[PDB]
Trainee: 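Sharing a structure, written as structure tokens. Questions coming.
Chain letters correspond, in order, to the sequence lines: A, then B, then on. Note that chain A is numbered according to the PDB entry, with residues 23-265 shown in order. We number chain B the way the PDB entry does; in order, the residues shown are 24-265. Heavy-atom basis, side chains included; hydrogens, waters and symmetry copies ignored. Ligands are counted one by one from 1 in listed order, and the atoms in each one are counted from 1 as well. This entry, so its header tells us, was determined using X-ray crystallography, 1.7 Å.
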Amino acid sequence: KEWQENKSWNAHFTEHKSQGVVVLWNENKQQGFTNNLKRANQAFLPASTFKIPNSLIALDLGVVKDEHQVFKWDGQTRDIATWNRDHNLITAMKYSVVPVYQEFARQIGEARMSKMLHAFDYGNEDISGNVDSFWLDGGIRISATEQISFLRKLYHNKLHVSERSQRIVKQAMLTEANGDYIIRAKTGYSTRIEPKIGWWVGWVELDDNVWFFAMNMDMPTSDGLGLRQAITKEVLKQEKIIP
Amino acid sequence: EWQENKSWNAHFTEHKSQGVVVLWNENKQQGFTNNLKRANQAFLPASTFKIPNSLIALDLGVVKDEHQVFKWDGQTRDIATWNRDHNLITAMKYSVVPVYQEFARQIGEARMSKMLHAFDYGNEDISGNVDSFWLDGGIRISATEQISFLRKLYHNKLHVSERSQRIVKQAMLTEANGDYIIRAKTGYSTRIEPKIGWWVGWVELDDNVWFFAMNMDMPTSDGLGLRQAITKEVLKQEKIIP
Ligand SMILES: *C(=O)[C@@H]([C@@H]1N=C(C(=O)O)[C@@H](S[C@@H]2CN[C@H](C(=O)N(C)C)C2)[C@@H]1C)[C@@H](C)O
Ligand SMILES: *C(=O)[C@@H]([C@@H]1N=C(C(=O)O)[C@@H](S[C@@H]2CN[C@H](C(=O)N(C)C)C2)[C@@H]1C)[C@@H](C)O
Ligand SMILES: [Cl-]
């Protein structure tokens, strides 16, 4: 079977009074696994997971020259302390620094942004709303399975931007690495529009396979943000993908 | 299990449109689509919701049978065929919204919600009152979820009576000749972008059934005949119909 539903994962959500979906894709076997086929295909605002396409576009157009170029803090004090400082592409993705990315989006502009998202086959391809906030409160919507589709293209250097742009963004996605696995991923937290959700999308590299993943979960308060990674890792552990 | 056939894209291109056709071969348990991503994107069902609405109305006795007359309220609407009395068959044929809104009000939010959950029909998070949610964007469903729903209806597997299912399948009858029968329902969603047309149903042959669900961009009503015409071009290419 190409898609298997595994309701046993639901226990990882219920143990925290949570609801959500984990989608896994076994690249070598070309098979998918999820606790909820319907929610796997439900499309939501990408929030900070949009930094993946945003970064690729910015690099390919030369808005970002490389991963060292520094984006000076604009001096406005924001509620997230790590945003109140200078950043490069690596640290901007690590601390999800929206204001840096909003500047990239303004410099890309609506025509190039729209064209590029069409070329990437990204979600519903709709950038309606403010050019610099549409991924937080505009028309764009992507599901977990569509996040996987997009990430598999990035993994294989098959998106319609240069190989270099793809390699730099994969470098910026680096989240965790040890002797057992590498995780390249990006978190999101959508709060402007209901329903409020957390995301974690990315992949696990093993010695001889890659497992892509995309999860989202209801997120009524920020109390639960750690569960985005913790529930995903419980699933990976259950499936014997990681120790 | 699923096969992407981009050659069908040419049937949309001939017409300067974009869309998706999903087919399912019941005997072989295999699916075909020109567009896997669009096949799984959820769109407002519009008039295709009359299929579940009918099943629920019959099953709860809101509709006694397919002969019961629902009188016109005397208010002239934009669609001429709505300005007259209807029964279930004609209300389905002419997609008579005001008749189906009254069914929904009599079903009521609680029963509608529970029954659509039981059918596994549409998004988990439905919003909007019972007479409007299915017009205004409070529910959405993909082409592949339409197929799964219609497969259960075909086999009398939904959690309503066999009688309710047989009556709705009768009301869905669209075309029959010596080569095939088509049971289906059209949709035209205009209140939220992208405006789309649907056609969902199945083709009965002597020894197999092919389920189908298509939707396609519909920026004006001029293209509405393409819902059936494009589907049938795909059926004809696939040797399902002569
Ligand atoms: C992206 O979806 C949104 C951002 N993502 C966040 C999140 O995951 O909480 C925050 S920023 C993040 C909070 N902790 C990090 C930090 O500073 N340290 C770990 C030291 C940064 C934000 C809501 C974005 C659209 O706002
Ligand atoms: C359903 O999606 C919506 C209805 N569907 C329509 C359609 O397919 O055009 C119209 S009613 C339809 C128009 N032509 C038929 C007719 O009167 N004759 C064939 C003579 C009836 C409508 C937008 C519904 C949600 O409104
Ligand atoms: Cl790296």
Trainee: How do the PDB entries name the drug found at ligand 2?
Mentor: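 PDB records call it meropenem (bound form).
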Trainee: Name the macromolecule with the most heavy-atom contacts to meropenem (bound form, ligand 2) in this structure, as the PDB entry names it.
Mentor: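 Most heavy-atom pairs belong to Beta-lactamase.
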Trainee: Mind listing the other chains that have a non-hydrogen atom under 4.0 Å from meropenem (bound form, ligand 2)?
Mentor: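 Within the heavy-atom cut-off of 4.0 Å: B.
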Trainee: Report which residue and atom the deposited model joins to meropenem (bound form, ligand 2) by a covalent bond.
Mentor: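 The covalent attachment is at B/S70 OG.
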Trainee: May I ask you to list the atoms of meropenem (bound form, ligand 2) that are less than 4.0 angstrom from any heavy atom of B/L158?
Mentor: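 Contacts of meropenem (bound form, ligand 2) toward B/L158, numbered from 1: 25 (C).
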Trainee: Using a 4.0 Å cut-off to any heavy atom of B/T104, which atoms of meropenem (bound form, ligand 2) qualify?
Mentor: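 Counting from 1, the qualifying ligand atoms are 16 (C), 17 (O), 20 (C).
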Trainee: Quick one: which meropenem (bound form, ligand 2) atoms are inside 4.0 Å of a heavy atom on B/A69?
Mentor: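 Counting from 1, the qualifying ligand atoms are 2 (O).
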Trainee: Is B/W221 in contact with meropenem (bound form, ligand 2), taking contact as a heavy-atom separation below 4.0 Å?
Mentor: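 Distance cut 4.0 Å: B/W221 fails for meropenem (bound form, ligand 2).
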Trainee: Using UniProt active-site annotations for chain B, which residue is nearest to meropenem (bound form, ligand 2), and how far is it in heavy-atom terms, to 1 Å?
Mentor: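 Answer (UniProt active site, heavy atoms, 1 Å): B/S70, 1 Å.
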Trainee: Quick check on contacts: which atoms of meropenem (bound form, ligand 2) are under 4.0 angstrom from a heavy atom of B/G210?
Mentor: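 Every atom of meropenem (bound form, ligand 2) under 4.0 Å from some heavy atom of B/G210: 2 (O).
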Trainee: For meropenem (bound form, ligand 2), which atoms have a heavy atom of B/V120 less than 4.0 angstrom away?
Mentor: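 Those of meropenem (bound form, ligand 2) that fall under 4.0 Å from B/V120 are 24 (C), 25 (C), 26 (O).
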Trainee: Closest non-hydrogen protein atom to atom 2 (O) of meropenem (bound form, ligand 2), residue and atom name please, with distance?
Mentor: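 Closest protein heavy atom to atom 2 (O) of meropenem (bound form, ligand 2): B/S70 OG, 2.3 Å.
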Trainee: For meropenem (bound form, ligand 2), is B/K116 a contact, meaning one of its heavy atoms is under 4.0 Å away?
Mentor: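 No.
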Trainee: For atom 6 (C) of meropenem (bound form, ligand 2), what's the nearest protein heavy-atom neighbour? Residue, atom name and distance, please.
Mentor: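 Ranked first by proximity to atom 6 (C) of meropenem (bound form, ligand 2) is B/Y211 CB, 4.4 Å.
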Trainee: Atoms of meropenem (bound form, ligand 2) less than 4.0 Å from B/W105 heavy atoms?
Mentor: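 Result: 11 (S), 26 (O).
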Trainee: Which residues of chain B carry a UniProt beta-lactam-binding annotation and have a heavy atom under 4.0 Å from meropenem (bound form, ligand 2)?
Mentor: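 Sure - UniProt-listed, with a heavy atom under 4.0 Å: B/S70, B/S118, B/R250.
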Trainee: In this structure, which residues build the binding site of meropenem (bound form, ligand 2) when a heavy-atom cut-off of 4.0 Å is applied?
Mentor: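 Within 4.0 Å on heavy atoms: B/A69, B/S70, B/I102, B/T104, B/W105, B/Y117, B/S118, B/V120, B/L158, B/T209, B/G210, B/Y211, B/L247, B/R250.
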Trainee: Provide, line by line, the atom pairs where meropenem (bound form, ligand 2) and the protein bring an N/O atom each to a distance under 3.5 Å; else say none.
Mentor:
from, atom 1, to, atom 2, distance (Å)
meropenem (bound form, ligand 2), 2 (O), B/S70, N, 2.7
meropenem (bound form, ligand 2), 2 (O), B/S70, OG, 2.3
meropenem (bound form, ligand 2), 2 (O), B/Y211, N, 2.7
meropenem (bound form, ligand 2), 2 (O), B/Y211, O, 3.4
meropenem (bound form, ligand 2), 8 (O), B/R250, NH1, 3.0
meropenem (bound form, ligand 2), 8 (O), B/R250, NH2, 3.1
meropenem (bound form, ligand 2), 17 (O), B/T104, OG1, 2.7

